[PDB]
Structures are given as C-alpha cells and as structure tokens.
S.K.: 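I'm reviewing an experimental structure with avibactam (bound form) and have questions.
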Amino acid sequence: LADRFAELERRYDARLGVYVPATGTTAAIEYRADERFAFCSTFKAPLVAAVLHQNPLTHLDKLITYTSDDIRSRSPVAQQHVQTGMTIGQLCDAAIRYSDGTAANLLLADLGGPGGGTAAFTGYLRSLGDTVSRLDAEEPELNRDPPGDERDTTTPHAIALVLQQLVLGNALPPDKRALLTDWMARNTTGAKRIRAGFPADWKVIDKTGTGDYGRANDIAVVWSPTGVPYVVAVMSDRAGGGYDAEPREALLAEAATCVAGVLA
Ligand SMILES: *C(=O)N1C[C@H](NOS(=O)(=O)O)CC[C@H]1C(N)=O
Ligand SMILES: [Zn+2]
Ligand SMILES: [Zn+2]
C-alpha cells in the first residue's frame, strides 16, 4: 500500500499522510504517519470533546453573547445568530458541522486560561496521551503557519488515536460520547473526502480541515455494514505550490479507497 500512496503523491503533486489503527483482525495502515501536518479545522472535534469533558451537560445551555467584532474568520452560523448569541451546545454544533470559525474561538475561550484557550486545549490533548499535537493560534491564524512551522500541527498517527479514544474509547462518558458522535454524524462537509472512498453501505462520520499550501485533511470513524468500526486519518498538503496551492479533495478520496479495499 506504500507504493499506491507514493503514486498518489506524484499524481497529485502533494504530500500524503495516512494512519489507520490496528484492530483484532486488521493490521494498522501507515504512511508518513509521524510526519507533522497542520490541524486546520480538524481540531474542532477534540475541542468539543474538551468542552464536554470539563463541564456537566447543563453547561451546553449556557448562552454566549458576542459582537460583530468577534467574527474574524469563516463563520456561516455565528453570522446568523449575532443578535441572540449562541449556546455552548450550538457552538459545538456549528464547530463540527459547519466548521464555524467564531464558534471554535468562543469554545476555546470557554476552556479558559492563556492563549485564548489554546494552552488548555493542548493540555487536554496531553491528558489524552497525545504528546505530539499542539494548538497555538485561534482562527483564522492557525491555518496560515508556513511549511516547517510546528505551531498548530498534529500527525495522522496522533490525531487518529485521539479520535479513537473519544468516539470508540471511554475518554468521555457515554452521554457526552453520543453528543460528540451525533454531531460528527450530521456533518456534510466531508462528502468528497473519506466518505467518497468508502462503499455507500458503510457508515462514515468525520471532521474535515482545509488551509493554505494545498492543505486538505479528514479524520473519520467508519463502520462496516456488519458494525465493525475503524478510525481513518488522512492529511495532505502541497507546499511546493506555495500559499495559493489548490487543495485536492480527490487525493483524500482515492487514499480512502485504498484503505477501504484493505479493510473490506
Ligand atoms: C477549517 O479547516 N477551516 C474552516 C472552514 N471550514 O473548512 S473545512 O470544512 O474544511 O473545515 C474554512 C476552511 C478552514 C479555514 N478556517 O481556513
Ligand atoms: Zn480526559
Ligand atoms: Zn506516537
């Protein structure tokens, strides 16, 4: 599978990272799995988990007020609710299903402490056993770190294990686990990434990320028709093309098609 992935890199003029944890009956899959890639919006999934972890469910009903000023990035939802504000739960919802920039920042602020909550967020990843990932900026900055910069990066290996713990493990109590899972299930932004590479009778829930330098990611939990779960982390960028390099969704879809062929 190493050969096919390399071929995808040259076919799409990109760097590709894949990680699929091993299961009782499937070997792990690994390609540049320990190389660093920018999070982009993929961090919003563990972010919601952080918020859920730190509070009882009733916190979800806490209304957050904000102004026009508090919108500095792509925020499809937060733009619509400026006059009323949004509850923590709505911000969680906006962050996973619409990748809303302000929603993510308001949740970072909810976590508390330095860096507008980025330190607390990294701390939470550390508490999960993730020694690799780091978040240093908020939106939109965190998507604009150049190649080579370590700020706001994870690895496929690291983020896959994190997602596994959160969705399939017991990092959260079942109630909180179901909310995170449910939100991810109702996301549609990933229809052309991992979802496109798996057969349509599989279940796929995911969180995407996109950025400069041809950056496109997708992190997913997938279930076979028989109810057999897997975790799939696919990350890419095209630094060779500079800031404006186009991201390629189809690279991720093809990568996923290879993964699916092995697991099916
Ligand atoms: C997250 O990566 N971002 C927020 C928004 N949604 O893109 S996503 O659906 O791929 O997550 C726009 C792109 C990106 C950003 N803030 O640049
Ligand atoms: Zn924990
Ligand atoms: Zn490791």
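Positions are given from 1 along the sequence. Numbering of ligands and ligand atoms starts at 1, following listing order. Scope of the values below: all heavy atoms of this structure, side chains included, with no hydrogens, waters or symmetry mates.
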S.K.: So, avibactam (bound form) - where exactly in the structure, counting duplicates?
M.R.: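 Look at ligand 1.
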S.K.: Which chain is the chief contact partner of avibactam (bound form) here, given by its name in UniProt?
M.R.: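 Most contacts go to Beta-lactamase.
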S.K.: Where on the polymer does the covalent link from avibactam (bound form) land: which residue and which atom?
M.R.: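 Covalent attachment: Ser41 OG.
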S.K.: Which UniProt active-site residue of chain A lies at the shortest heavy-atom distance from avibactam (bound form), and what is that distance to 1 Å?
M.R.: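 By heavy-atom distance, the nearest UniProt active-site residue is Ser41, 1 Å.
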S.K.: Closest non-hydrogen protein atom to atom 8 (S) of avibactam (bound form), residue and atom name please, with distance?
M.R.: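 Atom 8 (S) of avibactam (bound form) sits closest to the protein heavy atom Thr208 OG1, 3.3 Å.
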S.K.: So, regarding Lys44 and avibactam (bound form) (criterion: nitrogen or oxygen to nitrogen or oxygen, under 3.5 Å), is there a contact or not?
M.R.: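 Looking only at distances, the answer is no, because the N/O contact criterion of under 3.5 Å is not met.
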S.K.: Indicate yes or no: does an N/O atom of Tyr98 lie under 3.5 Å from an N/O atom of avibactam (bound form)?
M.R.: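 By distance alone, the answer is no.
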S.K.: Could you tell me whether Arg74 and avibactam (bound form) have an N or O pair separated by under 3.5 Å?
M.R.: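 No; the residue has no nitrogen or oxygen that sits under 3.5 Å from a nitrogen or oxygen of the ligand.
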S.K.: Do any nitrogen or oxygen atoms of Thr42 come within less than 3.5 Å of a nitrogen or oxygen of avibactam (bound form)?
M.R.: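 For avibactam (bound form), there is no N or O atom that lies under 3.5 Å from one belonging to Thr42.
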S.K.: What do you see: which UniProt substrate-binding residues in chain A have a non-hydrogen atom under 4.0 Å from avibactam (bound form), if any?
M.R.: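 Among UniProt's substrate binders, a heavy atom under 4.0 Å is found in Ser99, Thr208, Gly209, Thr210.
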S.K.: Out of curiosity, what organism is attached to chain A in the PDB?
M.R.: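 Going by the PDB entry, Mycobacterium tuberculosis.
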S.K.: Around avibactam (bound form), which residues have heavy atoms within 4.0 Å?
M.R.: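 The heavy-atom contacts are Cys40, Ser41, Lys44, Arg74, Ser99, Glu139, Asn143, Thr189, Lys207, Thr208, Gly209, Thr210.
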